[PDB]
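Quick notes on the structure that follows.
A note on names: the letters A, B, ... follow the listed sequences, proteins ahead of strands, and every chain is numbered from 1. First listed ligand is number 1; within each ligand, the first listed atom is number 1. Lab note: partial entry displayed, contacts enumerated inside displayed portion only. Method of determination (from the header): electron microscopy, 3.3 Å. Because only heavy atoms are used, hydrogens play no part in the values below, and waters and symmetry mates are left out as well, while side chains stay in.
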Amino acid sequence: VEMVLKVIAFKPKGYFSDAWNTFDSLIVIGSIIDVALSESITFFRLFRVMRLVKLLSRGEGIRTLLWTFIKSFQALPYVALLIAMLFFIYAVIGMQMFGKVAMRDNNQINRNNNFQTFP
Amino acid sequence: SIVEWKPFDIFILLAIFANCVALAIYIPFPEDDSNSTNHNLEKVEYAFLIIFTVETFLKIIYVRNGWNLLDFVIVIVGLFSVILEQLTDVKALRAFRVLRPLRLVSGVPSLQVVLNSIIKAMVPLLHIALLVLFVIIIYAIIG
Amino acid sequence: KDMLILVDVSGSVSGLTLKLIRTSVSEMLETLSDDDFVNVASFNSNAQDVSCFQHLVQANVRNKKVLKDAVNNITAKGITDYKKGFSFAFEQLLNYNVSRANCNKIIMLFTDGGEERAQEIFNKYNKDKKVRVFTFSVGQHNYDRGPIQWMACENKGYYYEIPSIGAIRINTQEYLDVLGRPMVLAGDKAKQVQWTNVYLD
Amino acid sequence: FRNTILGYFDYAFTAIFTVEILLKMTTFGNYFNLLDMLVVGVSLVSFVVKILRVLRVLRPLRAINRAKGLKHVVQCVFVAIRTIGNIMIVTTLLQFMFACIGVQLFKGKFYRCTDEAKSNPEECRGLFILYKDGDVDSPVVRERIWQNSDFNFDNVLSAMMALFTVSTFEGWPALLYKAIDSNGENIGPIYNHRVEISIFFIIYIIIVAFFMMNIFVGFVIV
Amino acid sequence: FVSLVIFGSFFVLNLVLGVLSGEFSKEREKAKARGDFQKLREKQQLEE
Amino acid sequence: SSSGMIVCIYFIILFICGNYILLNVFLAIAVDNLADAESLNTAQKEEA
Amino acid sequence: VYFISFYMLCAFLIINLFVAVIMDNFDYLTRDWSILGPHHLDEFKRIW
Amino acid sequence: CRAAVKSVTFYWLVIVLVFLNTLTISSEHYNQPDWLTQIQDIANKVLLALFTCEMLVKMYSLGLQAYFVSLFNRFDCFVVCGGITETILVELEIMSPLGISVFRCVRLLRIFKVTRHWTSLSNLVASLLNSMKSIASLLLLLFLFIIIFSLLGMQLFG
Ligand SMILES: CC(C)OC(=O)[C@H](C)N[P@](=O)(OC[C@H]1O[C@@H](n2ccc(=O)[nH]c2=O)[C@](C)(F)[C@@H]1O)Oc1ccccc1
Ligand SMILES: CCCCc1oc2ccccc2c1C(=O)c1cc(I)c(OCCN(CC)CC)c(I)c1
Ligand SMILES: *[C@@H]1O[C@H](CO)[C@@H](O[C@@H]2O[C@H](CO)[C@@H](O)[C@H](O)[C@H]2NC(C)=O)[C@H](O)[C@H]1NC(C)=O
Ligand SMILES: [Ca+2]
């Protein structure tokens, strides 16, 4: 009802221009299709949790702090590339060195923790 | 009451330190066990309670200040704990005795100003704390 | 032997060291035969029997089963009083209304540590050292073992340490070396042949 | 099968990199170009072999000279390393001093037997009965081994490694409670033998991980 | 869990450390106008 | 189960409040004593 | 040597990235809202 | 005598001596060979004698009252006295088996003699010594916080 009222009242040609208005549209559309599916589906359930995120931009200062730091992170993309290269090099070396250690259950090289795959 | 400023405020601070030492000596035995040291320390705590009440009633002229507020809140809760212990989680009501070492900062202004500065340097972190609260809530619901 | 077992069931023995105490008592009853009389008592600010016996019993197969069940159903709560606990133990070794062995009279204390020596109790009850006192320090702790060691050799006893499960079996059988001291001094009068009860080989 | 396909891919990749160094060499007659030849050389020589396989990981480093931003950030990192070398030397010397003190304090005292009943090597031999999970009715036979701790203070290198692990704030309580129980040169531990020895660990943590590590970040910031 | 660690801890630790750094500088550039650095400088300038 | 989980706030408060003090004590000592030393070098180098 | 070197390198690079991000926008971290700022101009623009 | 102590060869000779002291200190290990213990315990003696000879030369070459003020050399006399006390203490009728490992630390602190001429380490040390009062105040407040929470934990989970 909120969506239909706002799209009627806010000239839908420019309604989708804002980021917030488009964001909540995807939330309800994913949520509105699950009403008949109650009797895959789990992915659309997480959409309705995201409505709380819009409440983060309702305060003066917590929104601008985030804006400034994500803008700063976007302004320096090559610094994280050093971390990425370090991770790549050390992962490849770990593959080549300790990639043949057997996986057991009582040790720190187990099925969840080993050098047998890049991820 | 009568003018007693330089000896009184350092004697009471020494009393605070002695109470801290006495609280440190006590051994929390399991399942209501005890020894002789705790048997003596209960009477020591009694004497500390009477001396604290005496020095509180001496200077009442006092409640509006927060530090003095805590100062007599500790005394009154200790008195109530003693009354309830004698008239028998009553033993847990003595956990307020742990705040007595905190009274020592009120006796040293040079450290009181440092504590005030550290506390006042916390307001800018409230936005980050609020952001952490939203992140925790959102991830808890997602999980 | 007219054995009597004192078990410390005060508050400080709650936890792991109570499990070791119960196992140590059970393994110690396994070293008693039909000619030995045993009874188990506890003390925590008050000394009382752990079972329905209230005096020394023959310690046959049926009676040991009752004592083991009673020992395996004790809880730790209260304060420690060695003066009250030892007076109860010495009083059950002076009964003489009931059938006993009229032989080795030993008190075994299963405690962890403490500060009371109970010098007045020992002087009041056994001035002539007619009763041996074996003291055990059971569990992993840092309590004072001084008084426990003193009670042992002041009354012709011995001191044992049980810090783990693996030390239970070897320490509950070493008290027969102390009891065998008067036998070796007898000489040829102690070289008599005895026959056991019927048992499966 | 996957490696055979991927090995075929490397053959074409190592040829394009080979045809561009020669093409560049035609028009010329720095240290980054030598690195590019080094990577191509290893692949051709590979065609022991384990060392060359390890050195094959130098492929991403060839992109530093291409992107300007990567070169700039690498140069900035090197400059930051140079300007902060004073603090690293001081904290390394402090760790060395604490390692020497720890060697003097816990030299060989971290030994223990497989069963907590034998407290010297002359007794920690043969087999013993193990009671699983504390149950007296579930015994099992196990060997007796007189083994040293994984992280100990035997010599200077071991002490430095143990102190590094402590300064990373990981697994330090276990080392603390292992050092508290340390009795003597070649005998087993006792529960809470010397609690006052924890002053060494507390002082080391406060001096290095809280002071000399926060001063690192503060110096970077300033 | 990987996203929770990066956003919840790495990002927030950057939040706190940055705010703290920007708060220390405020009081550093205010007490500097008093002359606290001069007192240290004057004491050290006469040691040589 | 039960109301025993309410004691978890002791370790939640101790971690959050304890770690805040550490970042406001050891970091403050470093920051306010490194800018002082850094500024001394600028004064000492120029005066040299 | 593999694990020790990785830990040291990763810690240093993370510190470097954090400090670079903090210093990229340092005016906001020392804004001193009392005097003035872009927020005042933005409010002016919105009201206008 | 002032010509030698202010020369360039004397400083490097002292550097070599302190490097040898550090090498002797950082060579002990579990199950060390029996021939190395004697080397260590004679090197300690001879190097202590040489260091105390150097110290007495330094004391009676410039001025007694001009060195006590400076904190850089103030603890050097204490270190030398402790070293010279350790030898007689060990060799006399006082064994002190743990006393060997407590007297090696004061001899170990001699490594700091290499960090005198830095102009960057000492620059921060000056500010640290100036603000030591605030440093101690902050540390004492942290200690009080830890004590309060330890007492509360003792009360709750004791
Ligand atoms: C390696 C992990 C930890 O990822 C990092 O953050 C980097 C790779 N290194 P780091 O050594 O991490 C530990 C420090 O985190 C501080 N912390 C956390 C939460 C809080 O609320 N308050 C607070 O102070 C601390 C508890 F103090 C610790 O000392 O980072 C440092 C950054 C600044 C100063 C010193 C260390
Ligand atoms: C790229 C080469 C520099 C890496 C490096 O070398 C050092 C030598 C001595 C002391 C520190 C370093 C260092 C670091 O960058 C470094 C090392 C550590 I360990 C370190 O602290 C470990 C993380 N943290 C655990 C919570 C310590 C408190 C930090 I922050 C930075
Ligand atoms: C048996 O033990 C009792 C106490 O356990 C001793 O005390 C006597 O108990 C009987 C039973 O009533 C009575 O004779 C008296 O009440 C008690 N005193 C005396 C002097 O007899 C008793 O002495 C012990 N022996 C006998 C044969 O009873
Ligand atoms: Ca007890």
Legend entry - Drug name for ligand 2: amiodarone
Inset, instruction - Specify the drug or drug candidate modeled at ligand 1. - result: sofosbuvir
Inset, instruction - Identify the main binding partner of amiodarone here and report its name as listed in UniProt. - result: Voltage-dependent L-type calcium channel subunit alpha-1D
Inset, instruction - Report the chain letters of other chains having a non-hydrogen atom under 4.0 Å from amiodarone. - result: D, G
Inset, instruction - Identify the binding-site residues of amiodarone using a heavy-atom cut-off of 4.0 Å. - result: D/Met88, D/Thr91, D/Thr92, D/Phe164, D/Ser167, D/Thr168, D/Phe169, D/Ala209, D/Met213, D/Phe216, G/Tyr7, G/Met8, G/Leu9, G/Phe12
Legend entry - Other ligands or ions less than 4.0 Å from amiodarone: ligand 1 (sofosbuvir)
